[PDB]
Each structure stands twice: as C-alpha cells, then as structure tokens.
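Contents of the following structure include flurbiprofen.
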Amino acid sequence: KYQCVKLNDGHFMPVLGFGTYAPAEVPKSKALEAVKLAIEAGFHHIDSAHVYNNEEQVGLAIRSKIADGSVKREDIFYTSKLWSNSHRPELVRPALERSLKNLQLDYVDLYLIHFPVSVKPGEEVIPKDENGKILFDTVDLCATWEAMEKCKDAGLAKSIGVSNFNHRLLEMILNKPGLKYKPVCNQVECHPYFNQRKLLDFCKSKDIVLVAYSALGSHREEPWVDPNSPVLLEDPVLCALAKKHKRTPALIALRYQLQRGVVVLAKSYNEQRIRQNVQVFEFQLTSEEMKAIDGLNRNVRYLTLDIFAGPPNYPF
Ligand SMILES: NC(=O)c1ccc[n+]([C@@H]2O[C@H](COP(=O)([O-])OP(=O)(O)OC[C@H]3O[C@@H](n4cnc5c(N)ncnc54)[C@H](OP(=O)(O)O)[C@@H]3O)[C@@H](O)[C@H]2O)c1
Ligand SMILES: C[C@H](C(=O)O)c1ccc(-c2ccccc2)c(F)c1
C-alpha cells in the first residue's frame, strides 16, 4: 500500500511523484537508472512529458520493473504531457499516441496540457523563424480540451488535467459549454517561497488537486531560471526545522506540501536522495511548524517560461 488522493474523476493519484526532467547536458541514460531506483525506493507516481525527450528511457524503466515482477502496471501512476506544438485538436490524440509508442505503454494514467501558449505544428518543439522568433499559433484551448476529453473516453489517458494554468484559464475550462470532465489537477510551481495559497484555495474549491513542481527550488537550469534567485534549500528556517527533526530541508519542503493537501513532485537522479525523499511519509509537522513555513512566502517564481510571453494565454 501507499498514500494516494481521490481525483474528481474517481481515479487515485499517489501523493508523492518522481520528477524526470534533467537538463540537456545530462545524458538520457541517466533517466532509465533513476526511474528504476525511484520505483525500488517506493515511488508509485512518475512525471514526464514529450518535451523532456526521455520517454523511451522512462518507459523502458517502467516496463523493466513490471517485467521483472517488481511492480504491477496498476501500481504505477504515469503522467505525460501534451506539448504546445500539438494543441490543435486534431493533433492531440496523435501526440498522445506518439508518446505511448515511445513508452511502449498502453495508456497513461494522466495526460496534461503542458503549457497554455500554443506554437506551430511540426517536429520542432520550439519552432522558430529565420530570425529566431518563436512561431506562435492561435488555438482555442477549449477545443484542445474537448480533444483531451476524447482521449480519456478512449481509455488512452485514464485522467486529464492541466499545467501552468492561471485562475482565468482554469475558469475558461470549467465554464466551457458542454464540459464533460473537469481537469483533475493543475500542475504548477509551488514551494515555500511561492506557496500559491490563493490558487491552491481556488483549486480546492473546485476539487482540483494542485500538483507542485520545483518543490525543492527547481533544477535551476539556465537560461530558464535566474541564477540570482535565492536557493530554496538554503533557507535558514527550513534548515533549522531539518535539524530539529533530524531530516533535511528537502524533506521539510516536501512534507509541507503533503500536509497542506498538495501532491508533490521531487526530481533526483542521485541514489541516496531518491531514497531520502520517500522518507516524507515518516514524520509530521506541527501547526506551529506549518505556520513558520507559510511565513517564508516571498512571491519568488523560478520558472517564468518567459520565452513564451506576449500571446494572451501566457499565464504569468
Ligand atoms: N509542468 C511543468 O511545466 C513542469 C515544470 C518544472 C518541473 N516539472 C516537473 O517537476 C519535476 C521536479 O521539478 P524540478 O525538476 O524543477 O526539480 P525539483 O524537484 O525542485 O528539484 C530540484 C533539485 O533538487 C535536488 N534534490 C532532489 N532531492 C534532494 C534532496 N533530498 N536534498 C537535496 N537536493 C535534492 C535535485 O538534484 P539531484 O538530482 O542531484 O538529487 C534537483 O536538481 C521535474 O523533473 C518535472 O517532472 C514540471
Ligand atoms: C517547463 C517545461 C517543464 O519543465 O516541464 C519545459 C521543459 C523543457 C523545455 C525544453 C524544450 C526544449 C529544449 C530545452 C528545454 C521546455 F520548453 C519546457
């Protein structure tokens, strides 16, 4: 057994997820070993995406661990994401099918709209013109959503959700005429320096689960993240809590999320830290400790994705 939350479509999501993105300088082979170790350590939720360029490796990890008898498919919750070159409704299913072919899996447990800004279709994930300008595309995301709903009725995605949506774009989906399925989740940046309380409360009021990425302060990959941004895990309050509980600042930051009702992702490709992160289930924070962590909030967003700023759907 393992800790899961009931989604608004009746499916269950493990509350601790394994993040799989690594910057491009890291070989892909590392994804294979890391996901196997994650499963060994007791992660039951694995977070990837087409744009991570690792689904062949992550899929092989999964398959290997099923095939050697370590785990059943039903006890892996696998998430992929629809990249913005495939927002057009007729391209949604083909993108999911392509992911599933790279994975050699029959379905994903969760498929998300990765980012609300659309780009031109084709193989290139960030298509640019000859002058380096991103080739943006105009797509009705409520039509993209209808295409997601059909993927769910086809059984290719057990649940569907979104990522990097703001209040306005969520309302846009939720208020859609003929809506069949609400998003189960909104996967967004969330940590003690950006605790998303307002958006969390909104999602709760709608029974949408907030899934926290960059919960340990992000991969800090340039130029996506500003190197002058504070280092979350160096925070003196988180470090003092860690010392008090004989844990680590990472574990404090992960436990914080669980207790506030957030499903939390954690990426590590280091054997020791993968095993450490599952220790989030071994301790609890008092109300006073949780308040101290609420106090660290500083409106620091690490991932702006501001190369996609300009179009109206840019969410930040
Ligand atoms: N939907 C989106 O738009 C979106 C955006 C960003 C992230 N994500 C997802 O969320 C995942 C996690 O976010 P993120 O990758 O930015 O990284 P994150 O989980 O905040 O982690 C940041 C760093 O923490 C280190 N770390 C992990 N465990 C640690 C521990 N116990 N003690 C100290 N350091 C630790 C890792 O280094 P080591 O590997 O060396 O341990 C990693 O580099 C991604 O992999 C991806 O699956 C989604
Ligand atoms: C933000 C999102 C994520 O981290 O999930 C993400 C991840 C990776 C990319 C990315 C795409 C092309 C080259 C290098 C990185 C990207 F454009 C968006």
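So for chain A, numbering is the PDB entry's, and the shown residues are 4-319, in order. If you're wondering, the header gives X-ray crystallography, 1.6 Å. Remember, it's 1-based here, ligands and their atoms both numbered in the order they're listed. Values reported hereafter were calculated over all heavy atoms of this structure, with side chains retained and with hydrogens, waters and symmetry mates removed.
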Can you help me spot every copy of flurbiprofen here?
ligand 2
What would UniProt call the macromolecule that lies against flurbiprofen (ligand 2) with the most contacts here?
Aldo-keto reductase family 1 member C2
List the closest protein heavy-atom neighbour of atom 14 (C) of flurbiprofen (ligand 2): residue, atom name, distance to the nearest 0.1 Å.
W227 CZ2, 3.8 Å
Of all the non-hydrogen atoms in the protein, which one sits nearest to atom 11 (C) of flurbiprofen (ligand 2), and at what distance?
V54 CG2, 3.6 Å
Which of the NADP(+)-binding residues UniProt records for chain A come closer than 4.0 Å to flurbiprofen (ligand 2), counting heavy atoms only?
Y24
If you have a sec, work out which protein heavy atom is nearest atom 2 (C) of flurbiprofen (ligand 2) and how many Å separate them, to one decimal?
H117 NE2, 3.4 Å
Which substrate-binding residues that UniProt annotates in chain A are found with a heavy atom under 4.0 Å from flurbiprofen (ligand 2)?
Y24, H117, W227
In the PDB record, where does chain A come from, organism-wise?
Homo sapiens
Enumerate the neighbouring ligands and ions of flurbiprofen (ligand 2) below 4.0 Å.
ligand 1 (NADP nicotinamide-adenine-dinucleotide phosphate)
Return the closest protein heavy atom for atom 1 (C) of flurbiprofen (ligand 2) as residue, atom name and distance.
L308 CD2, 3.6 Å
For flurbiprofen (ligand 2), which residues in other chains have any heavy atom nearer than 4.0 Å?
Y24, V54, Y55, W86, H117, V128, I129, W227, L306, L308
